[PDB]
Every structure is written in C-alpha cells, then in structure tokens.
*Asks:* 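Structure of interest includes cyclothiazide; see the questions below.
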Amino acid sequence: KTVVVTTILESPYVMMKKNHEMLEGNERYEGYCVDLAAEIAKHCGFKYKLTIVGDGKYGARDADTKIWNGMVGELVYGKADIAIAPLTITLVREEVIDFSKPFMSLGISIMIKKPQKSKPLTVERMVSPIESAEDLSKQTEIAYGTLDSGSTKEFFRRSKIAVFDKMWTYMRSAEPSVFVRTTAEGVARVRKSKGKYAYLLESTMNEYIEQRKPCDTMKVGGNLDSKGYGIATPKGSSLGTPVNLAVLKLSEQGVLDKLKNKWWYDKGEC
Amino acid sequence: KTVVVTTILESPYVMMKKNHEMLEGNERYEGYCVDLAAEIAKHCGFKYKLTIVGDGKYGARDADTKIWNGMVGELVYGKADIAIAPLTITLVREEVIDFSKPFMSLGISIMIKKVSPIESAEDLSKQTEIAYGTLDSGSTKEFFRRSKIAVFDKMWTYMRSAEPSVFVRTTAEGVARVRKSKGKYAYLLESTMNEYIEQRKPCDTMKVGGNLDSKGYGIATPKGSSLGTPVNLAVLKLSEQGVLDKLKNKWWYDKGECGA
Amino acid sequence: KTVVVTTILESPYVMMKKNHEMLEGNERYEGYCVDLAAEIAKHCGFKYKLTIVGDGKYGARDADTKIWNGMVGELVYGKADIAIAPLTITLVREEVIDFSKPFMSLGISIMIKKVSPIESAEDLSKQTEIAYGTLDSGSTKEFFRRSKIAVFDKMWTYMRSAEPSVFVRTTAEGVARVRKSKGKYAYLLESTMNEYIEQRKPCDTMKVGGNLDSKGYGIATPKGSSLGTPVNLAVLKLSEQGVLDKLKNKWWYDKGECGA
Amino acid sequence: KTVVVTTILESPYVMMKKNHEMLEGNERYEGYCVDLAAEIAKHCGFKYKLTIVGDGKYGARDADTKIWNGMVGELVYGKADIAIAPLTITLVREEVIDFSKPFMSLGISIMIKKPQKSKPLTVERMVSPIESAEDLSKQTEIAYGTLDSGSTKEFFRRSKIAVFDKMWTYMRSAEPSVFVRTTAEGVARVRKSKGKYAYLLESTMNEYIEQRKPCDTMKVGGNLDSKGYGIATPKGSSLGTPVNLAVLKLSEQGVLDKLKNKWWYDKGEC
Ligand SMILES: NS(=O)(=O)c1cc2c(cc1Cl)N[C@H]([C@H]1C[C@H]3C=C[C@@H]1C3)NS2(=O)=O
Ligand SMILES: NS(=O)(=O)c1cc2c(cc1Cl)N[C@H]([C@H]1C[C@H]3C=C[C@@H]1C3)NS2(=O)=O
Ligand SMILES: NS(=O)(=O)c1cc2c(cc1Cl)N[C@H]([C@H]1C[C@H]3C=C[C@@H]1C3)NS2(=O)=O
Ligand SMILES: NS(=O)(=O)c1cc2c(cc1Cl)N[C@H]([C@H]1C[C@H]3C=C[C@@H]1C3)NS2(=O)=O
Ligand SMILES: N[C@@H](CCC(=O)O)C(=O)O
Ligand SMILES: N[C@@H](CCC(=O)O)C(=O)O
Ligand SMILES: N[C@@H](CCC(=O)O)C(=O)O
Ligand SMILES: N[C@@H](CCC(=O)O)C(=O)O
C-alpha cells in the first residue's frame, strides 16, 4: 500500500523542475522536501506519492467554523498520511497531529528592501531604517504583515509580549490588508513597495530569497523566536515512531546538514 | 506522590547555592534546570524532589555489558521519574527513553586558550601539534565514535589511540586542563557550555569556529510513562511564551562577569 | 614497407606549414609530432608516410553501435600502423590499442577570456552565470561522463543538459567561442594546448586554477603489433637524452609571440 | 598461491608504524605503497605479502660481474613477483623487467640547507647561494652527490648534457665520497654540513622532507628532468597487463591523486 505525502509548493523545499511538463509522478518535483522524503523511504521501506495541498495553506483553525484547513486539515481528516513540508511545530497543532523531532531550526525574521549604498574617507556604508522589531513597531511609515493562515500570524495573534502585541494590534486593523496569500506575493510586495513594506517570514526562506538574484531584499535584526520544522503524522498512527527514528538517524549521519548546504548555500549567487 | 527528578551538577544548569549548607530540599539548588523544573511542575501540577545522579555521568551503554549508567540508567531502571538536565537527544538514547521536544539548541564546539591558528575542525585534524579530547560517557564522545564522516573519523582515531588519556572525567576538569595546557590542549564540548565558560572570569578560553553539528537538550522520561505528553506540551507552551529565551538570557548573559 | 602514420591537425603538434601548396609528402607538415615521428623512425629505422585522419576526431566509441572513429578507429580497423599524435592514454583506449610510455605530461585545465571570479573548478560549477563546455569526441568529455566525483558529476550533468550545445567540434572552434563570448563561456581543454594558446597573440585568453587531473600522451599502436616494444624503447631513449624537453621548448616557448 | 611484493624502506612510501613490534604480516608497514598494493589487490583479486629487499637498494647493473642488485635484481632472479615501490622507469631497467604506466610523476631536484632570512624597508628576504643546476656545477665551495646504486646516479653517469656531464665528472673523482647509501643519510649530511653539501634526490622525496619538521631544508630551482614511478614486474609475466589496467583504473578514478594529497600535503608539519 502506498501512503499519501502531502506538501506545499515553497522554494527551496518543493519546486517544480524546468522540464516538468513531460515528467510524471514524484519526478516532477524537486527540492529539500523531496530529498527528505527519499531519505525517509530509504530508512523505512514504503512507497509514497507526492501531492500538493489543494488550498495551498500550511494550516490554521477558524474560530467560528472550527475546521482545520491546509496540510494540517488534510492530515486530521484522513486525506493524507504524512506531511514532509516546512511545517512549524506549534502547541495548537501538536494537540491534533503528531510531530517528529525538528529537522531544521528557524525563527521569525524581518525582510525589507535593500537600501542603496550611501556615498558619504571615501567609504561606502549601508544604513537601513529598520534595525530591530521594536523600532519597526514604533514607526508608522513602513507597513508590515505576515502570511495569511500561517504560524507567524498565529504567533503574533497569541503573543503577550508588548512589542509583538503592539504589532498584532496594528496588523488586525490595517487598511489595506497587510497580510499576503503566499510567500512569493509578500516578496513581490516588498520588492515593488519601494521600501514601504516589511515582510515577516521564517529565517530560512528569508536567507534563501536573499541569496538569489536580483537580491534586492535583506534580513534585518535577529530572529524573533526559535522554532523548528517537524514531520507531521495523524494522531494514533503507526508511522510516527519510525519517522522520528529516521529523522534522528539522518541528523546523526549528517544528511540534514549536507542537504541544507547543497540546497541553500551551494546554489546562491550575487 | 513526589516525583524524583534526576539531574547533574553542571553550571549554569544546576549549581550548589552559596548557603546550601543551611538549606534543605530543593531550596539548596539553583540554575537554568531548576527554574525549568519548577515551571514544568507548575504547568503539569505535581510535587517534585531534586536529586543529583550518583555518578556524574550523563549516560552511556558499556560494551559487552549493555548496562546504562548516569541519568539514562536512572531512568531505564526505574530509579527516577523524569530527567530535567542538559541531556542531548540522541538516536541511541531515544530507543530506550522518551525525549520531549528540545528546549535549548546546541552543537559541538572547540575551546582553546586565549590569531587563532586552529580555526575550524579540519585544520585541527590537520595538525598533530595540538591535542584534542572530549568528555567520557557523553554524547560528544559517542558522536565522534560512531561518526562516518572522514574528518571526524580521523579525530576519533586520534582520540582512541593517544597517551596519556585525552578524555576527561568532567567538563570543569576539561576546561581546567585547557587553561593549564598553555595552548597545547583543545576541548570539544557543547556550544552552550563553551559560551558560558568564555563569558566568565578569567576569560582565558575562547570558542573558535562554528558548531560541528546541531542537536538539542530534551526532558527525558521513562519509556511508556504517563508524563511524556504533559511535559512535551509544557515545553511547547514555555517555548511559545518566551519563557525559555528569558531563562537562557538570565542564566547566560544577565550576570556577565567579563568585559565583552 | 612504408609505415602509414595517422595524425590530427592540432597546433603545435601538426601544422600545414606556410607553403604547403608547393610541397608534397611529409615535407608539407611541421610541428612537435612531426619531429617526434622523425626521431621515432630514425631510432627504429623504418620509412613512414604522414596521413591526416579523415574525421578530425581523436577517437571514441558511440553507444549502441560500438564502432571506433578517429585515429583509434584507424588503428583498431587496420587502416593505420602507428599514431604519433596528442592522443591521451585512457583505460578504454588501452583495452583495444597498445600505448607506449607517455612522452608529454598534461592535465585538464579551465580557460576564460582575459582576478578571475571563476577561480577553480568548484566555483566554476557553482556559478551558473558562466557556461563551460568540452571538445566533442575527446578524452575530456569521456572523463567527465565516467567521473564519480561529485563536483565533476555536477559539471557533466550541466554539460549534457545544456541549451544550446555547450560542446564544440574542434579545439580552435572552442578557442574562438571563448574569445567571442566576452567572458561568458569557458573552455575545458588540455594543459599543453591551453598554454600554447595563451602564449600566442592576441593573448586574450588565460588559464585559471590548476589541473583537474594528470594524464599523458602516448604513441598508439595496434594491439598485438611488432612496433610496440621498439617505439616504447625509442620513447624511453628520447626522454633520457632530453630530446622531448628540447622539442617541447622549441615548439612552446622558443617562438613566444606574446607579451609575457 | 600468494605472490611476493618487494618494497624499499622509504618515506612516505613504506614506513613502519609506531606500534610495529607487536604487529605481524602486512599490518606492520604503512605509507603510500601499502595503500597502492591494497588498491591493486582490490582491483585484481590476489593475496600478497610485503617484503623488504635485503640490501636496501633500488637496483643497479653492477659492472664486470654484470649482476643486477636491489629490487630490480631480486625481481630478475625470480625471488620476487612484483615491486610496488618508488622505482624509476629507465631504459636500462625496461630491458630486463616489465614496467607499468607511471603512477606518479617526478624529477631530479636539488636539496640544500635552508639559509637564514636576510636582515634587510624592514622587509625580510631569503637568499640562497644556489639557484639552478649550472651554477651549482660551476662553483666548488659546496659539495654535492647522489644516492649510490640509484637512478639519479645512473642518469648523471650516462648524461651527455654539458652541465650534467661536468657534475658527473666532479662526482666520480671527489674525495671524500659524496655518494650516500640511503636517502636519510643524504638528508643528515645536508643538515649537518651547514650549507656545504647539496643532495640530488627526486622531487617527491624532496617535497615530503620539506613539509616535515624540523624543515631546515629547501628545494632550489626546478626539476632537472621528467620521469615517473612504475610498478615493475618480471619479463614475460602474467601480472603485467592486469597491473597496468589497475593502474589506469586508479588514475582515472582519482584514487592516486587523493592518496598523494593525503600522504604528502595533508600531514604537513610546517
Ligand atoms: N543546521 S539545520 O537548521 O539544517 C539542522 C537543525 C537541526 C538538526 C539538524 C540540522 Cl542539519 N537536528 C536536530 C534533531 C536532532 C536531535 C536533537 C534535536 C532534533 C533531535 N533538530 S535541529 O536542531 O532543528
Ligand atoms: N534560544 S534557545 O536555544 O534558548 C531555544 C531553543 C529552542 C526553543 C526555544 C528556545 Cl528559547 N524551542 C524549540 C521547540 C519549539 C517547537 C519547535 C521546535 C521545538 C518544538 N526547540 S529549540 O529550537 O531547541
Ligand atoms: N617536460 S615534458 O612534459 O615534455 C616530458 C614528460 C615526460 C617525459 C619526458 C618529458 Cl620531456 N618522460 C616520461 C616517461 C619516461 C620514463 C618515465 C615515465 C615515462 C617513462 N613520461 S612524462 O613524465 O609524461
Ligand atoms: N599528481 S601525481 O604525481 O600523484 C600523478 C601522476 C600520474 C598519474 C596520476 C597521478 Cl595522481 N597518472 C598517469 C597515467 C595515466 C595515464 C596517462 C599516463 C599514465 C597512464 N601517469 S602520471 O602523469 O605519472
Ligand atoms: N512555516 C509556517 C508558514 C510560514 C510562515 O508563517 O511564515 C507554517 O508551517 O505554518
Ligand atoms: N550534555 C551531554 C554531555 C556533554 C558532552 O558530550 O561532552 C550529554 O547529555 O550527553
Ligand atoms: N587529445 C585528446 C582530446 C582533447 C580533449 O579531450 O579535449 C584525446 O586524444 O582524446
Ligand atoms: N627512485 C630511484 C632511487 C632514488 C634516487 O636515485 O634518487 C630508483 O628507483 O632508482
């Protein structure tokens, strides 16, 4: 029996190959997550089929409707067996699905358009109007937002820290809406907003986008928190312990480090 | 029913208080792990008693004996109910005990005395002038022993065949040996311990290069115990509430007895 | 019995003089390989005739047909008696023809137009901005095809799946493509050819990095022929007498039509 | 049946391990040649034993008696089957034994004691009294010699080049004898002669000795010629073709390059 591996289209985790029109099956996709699935299969023998989540969402719970959407919803309602995707381990998600040990460490970072070089002996220096989350919250000329139906938005919603609470209070009543539907949409907003929009995304995606052309964006400050990506399985499933053991084996063998190096830094430019 | 909490004396995780002679119970202990244990107990809602492991070892399996020692042995053999200590999450340990989600990130680092010719670990393995060792009965030693990476294979080949014994009994003794080696001995240890040592007086040791790999400390529970899910949710809630970051800042950088 | 010698038009190995239209026989050819063939004939004591291979290919076997072309094909199928030419000694060729001892050392080198950002082979593979190719039906292409090293595997994967065809038909064609690419294309060729090109006008190309590997040119002879031992002894005698070094200096640095 | 592999005690080709007193068999020795023999065995399956030539000589054709000695001699007379050792491919040797493709390139170089750095804005410069071979031949205040019963001595003996002929003419009638019995003896002579002795050895050994402590010797100029080391085998033997094919396989596979890098440059003490 073949199990369903749900995932989301997000570079560099899951990207379509250039010649993907003539290919079929799992060979159309490429990235970190497809290699992770291949290594998981190598550890524990099973047949898997790569599928993309229908709504293109990571997962969230509506307050009034109380139905999980995205990959978490797909896993909860039995439409998938395992989610090998950049899914953030959160307390609310852990109560409805099973998470393995983290395979990648990350944190919430800020993305802004890279400032032009300041000419004024004849040294060149780069100065950005945002240096930390606190000054980003204090100012009001640059709008900021997160990804809709994501872990960062829920983190800001349920944060009792004064700075993060202030940012959330600004976000919930910002006209026009500062929330985006996709990471690429947020990066496009940052690029075309001429320095008047800051995107709050994970540090891994931020660094990856900064490492590729045209590299007109930069990451400012440090990470707002420390989290991780976990492989998710439904509650009471027989694939949880083998997946956790496989992740631990890959971590000890150094496969994860080599995968990160070959998918993030060996493919950068500029 | 009071829950026995095994732990090890390792700064800044667990320390003996200055007036611990005139104190009883858990009130004679201080550190990151003490506050973490207090918050875990508050979240779960149980009474706990802090106990120090009889042998100052984290845990390992002896060859041709298959007997666990340290806090891992204290857990597999029913002598303890939970282990709130800087216990590295490893593949070998996870097959006998239940680990929660990591609460602190870390990695293997190199500590030398205060140009830094050694720099990275590859250059350290490329030079026989400087000796390097690890802590015995620890995750770093097992990581080096089982490593299939070529560089780490050469490092393990050196350590296993070296006279005198390049391994050390305790982390404090290892950093002392580094201090008194006049730049001839290098210590391999956890990144958090290295940072804590290098931020303290006399600040005669420094950390060179990045982390060799990345692991985490987890709260360990006996396999099949009923405390695994509650402590896992407690760790997740503490991480999302910013408590773990504030505790690390309090016990690593708030004091800062050095100029940096 | 006149011995048919097959060779390829490559500089400075074989050239068609300047007034070849008014010359017949071997007198219309010049170069390192012509002098080497003259020395080999003088040592062994046989009359020889220089012929140019019909197709300007060094030699390879095509998949699903198992037919050799070029000088290797000229030797395996009995069309030639000996091959004095810059023929790289390779494992696949050695199983079908007899190679003598190498008479010239060489290696695979990278060249671009006139500090180079490309630097070594690893950085060249990493930077997708610059395209790199290889001569068709040569030993470099087969070296990259059969290579199991990861970096060379990436290079070969790029070359096979490249649009337009990153390969070239002749060495001069690749030289011209590098010259007219304005620093966008890099050529992968032999070290000796690279040095000869870079030491000639207009001196717009330079060799970067070191040598990817180390190989040698050998005098090829049909398998199980009576000429193998005499030509091997002749090559050894020429090497010990310093004739090969003298010829290389004459044809590589004596002229030197460049600013260096 | 197990064949006999004859070797020479030369570093870093064949070296004894520190704990070689309690070891037996092929595990006693270490170096480049033992790994070469192991790879040859892996390519073509056979059982081999490592022996050291009795007289400790590479091989030379003794005049008058016309009897070969050393590794070449013991290969000719049947007491050895294959010589995996730094044996130079020469015309005289090729006529009595078989030689494979060269597995390592080399040349004749000059070894002199490293001079002290010159005191003279405040830059420090290194100046040596010998820069090439012809100036070494011209002067007479510095003695120089080669290895007895070696390939370099034979090369100088039959060389018709004017400068090499002049060096040979000086060498044959030099008292006390400038020739040494072992490479280590010549290096000791260079070190203890306080700049009044130059040792002519192969470039590989010269570089290896340069890279190790106390590194008080240096190589001046360039190689006098271009040669190579071959895997010798008796004339009309069945092991010549498999040995040649294995050498080609190792060269194309990159094994030889990594072996040479690990033995010569990885263990650099200076
Ligand atoms: N450098 S990285 O982000 O690619 C990365 C991050 C991590 C890795 C491995 C790598 Cl390569 N393994 C750890 C795992 C190992 C054991 C301890 C924590 C989990 C279980 N999680 S992690 O700390 O999130
Ligand atoms: N900054 S730190 O080292 O004290 C640190 C490190 C980590 C924290 C929290 C903190 Cl404060 N939480 C994560 C946990 C949270 C959820 C996602 C990964 C695990 C489960 N583990 S971690 O990445 O090892
Ligand atoms: N200096 S050079 O490249 O023209 C050159 C290169 C080489 C020469 C001679 C010269 Cl002049 N001879 C050797 C041969 C001689 C004997 C030892 C190795 C082979 C057999 N091959 S080589 O190392 O490929
Ligand atoms: N760089 S090195 O001296 O260790 C070295 C030197 C040589 C190598 C391989 C290496 Cl790694 N292979 C060549 C061989 C390969 C094929 C072409 C010439 C011989 C047959 N001989 S070589 O040119 O003498
Ligand atoms: N990785 C997040 C989504 C990305 C983001 O919110 O920035 C998740 O799994 O929910
Ligand atoms: N904290 C580690 C020990 C430190 C070390 O490996 O030196 C463990 O629990 O195994
Ligand atoms: N001279 C080489 C061809 C050069 C190349 O590989 O580009 C040969 O004989 O195969
Ligand atoms: N390699 C040489 C010996 C060393 C030398 O003469 O310098 C030989 O095989 O004879």
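Chain labels are A, B, C, ... in exactly the order the sequence lines appear. Following the PDB entry, chain A shows residues 393-512, 624-773, kept in their order. In chain B, numbers come from the PDB entry; the residues present are 393-506, 630-775, in order. All chain C residue numbers match the PDB entry; in order, they span 393-506, 630-775. What you see of chain D is 393-512, 624-773, where the numbers are those given in the PDB entry. Start at 1 and go down the list; that is how both ligands and their atoms are numbered. Quick check of the header: electron microscopy, 2.8 Å. No hydrogens, no waters, no symmetry mates; every other heavy atom, side chains included, goes into these values.
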*Asks:* Quick one: which ligands or chains go with cyclothiazide?
*Replies:*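 Counting all copies, it's at ligands 1, 2, 3 and 4.
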*Asks:* Which chain is the chief contact partner of cyclothiazide (ligand 3) here, given by its name in the PDB entry?
*Replies:*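 It has the most contacts with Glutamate receptor 2.
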*Asks:* Going by heavy atoms only, which other chains approach cyclothiazide (ligand 3) to less than 4.0 Å?
*Replies:*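 Under 4.0 Å by non-hydrogen atoms: C, D.
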*Asks:* Less than 3.5 Å between some nitrogen or oxygen of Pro494(C) and one of cyclothiazide (ligand 3), yes or no?
*Replies:*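 Yes; the residue has a nitrogen or oxygen that sits under 3.5 Å from a nitrogen or oxygen of the ligand.
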*Asks:* Tell me the organism the entry assigns to chain C.
*Replies:*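 The deposit names Rattus norvegicus.
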*Asks:* From atom 2 (S) of cyclothiazide (ligand 3), work out which of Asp728(D), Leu759(C), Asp760(C) has a heavy atom at the shortest distance.
*Replies:*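 Result: the heavy atom closest to atom 2 (S) of cyclothiazide (ligand 3) is in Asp760(C).
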*Asks:* I need the atoms of cyclothiazide (ligand 3) closer than 4.0 Å to a non-hydrogen atom of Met496(C), numbered in the order shown.
*Replies:*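 Taking each heavy atom of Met496(C) in turn, cyclothiazide (ligand 3) has 3 (O), 6 (C), 24 (O) under 4.0 Å.
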*Asks:* Just heavy atoms, cut-off under 4.0 Å: does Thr482(D) contact cyclothiazide (ligand 3) by side chain, backbone, both, or neither?
*Replies:*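 The answer is neither; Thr482(D) stays 4.0 Å or more away.
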*Asks:* How far is atom 4 (O) of cyclothiazide (ligand 3) from its nearest protein heavy atom, and which residue and atom name does that atom have?
*Replies:*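 The answer is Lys763(C) CD, 3.2 Å.
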*Asks:* Pull out every atom of cyclothiazide (ligand 3) sitting under 4.0 Å from any heavy atom of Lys730(D), numbered as shown with elements.
*Replies:*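 Those qualifying, in numeric order: 17 (C), 18 (C), 23 (O).
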*Asks:* Among residues of chain C listed in UniProt as binding L-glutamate, which lie with some heavy atom under 4.0 Å from cyclothiazide (ligand 3)?
*Replies:*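 By heavy-atom distance, the UniProt-listed hits: none.
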*Asks:* For cyclothiazide (ligand 3), which atoms sit closer than 4.0 Å to a heavy atom of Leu751(C)?
*Replies:*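 Matching atoms, with element in brackets: 16 (C), 20 (C).
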*Asks:* Looking only at N/O atoms, are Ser497(D) and cyclothiazide (ligand 3) under 3.5 Å apart anywhere?
*Replies:*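 No - when backbone and side-chain N and O of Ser497(D) are compared with those of cyclothiazide (ligand 3), no distance drops under 3.5 Å.
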*Asks:* If you measure from each non-hydrogen atom of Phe491(D) to cyclothiazide (ligand 3), which part falls under 4.0 Å: side chain, backbone, both or neither?
*Replies:*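 No part of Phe491(D) is near cyclothiazide (ligand 3) at this cut-off.
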*Asks:* Could you check atom 17 (C) of cyclothiazide (ligand 3) against the protein and tell me its nearest heavy-atom contact, residue, atom and distance included?
*Replies:*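 Of the protein heavy atoms, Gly731(D) N, 3.4 Å lies nearest.
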*Asks:* Check each atom of cyclothiazide (ligand 3) against the heavy atoms of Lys493(C) and keep those under 4.0 Å away; list them by number with element.
*Replies:*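 Near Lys493(C), the atoms of cyclothiazide (ligand 3) are 20 (C).
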*Asks:* Going by the atom numbers of cyclothiazide (ligand 3), which of them fall below 4.0 Å from some non-hydrogen atom of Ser754(C)?
*Replies:*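 Going through cyclothiazide (ligand 3) atom by atom, the ones under 4.0 Å from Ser754(C) are 8 (C), 9 (C), 12 (N), 15 (C).
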*Asks:* Provide the binding site of cyclothiazide (ligand 3) at 4.0 Å, counting non-hydrogen atoms only.
*Replies:*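 The binding site of cyclothiazide (ligand 3) (heavy atoms) is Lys493(C), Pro494(C), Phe495(C), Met496(C), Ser497(C), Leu751(C), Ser754(C), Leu759(C), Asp760(C), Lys763(C), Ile481(D), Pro494(D), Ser729(D), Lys730(D), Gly731(D).
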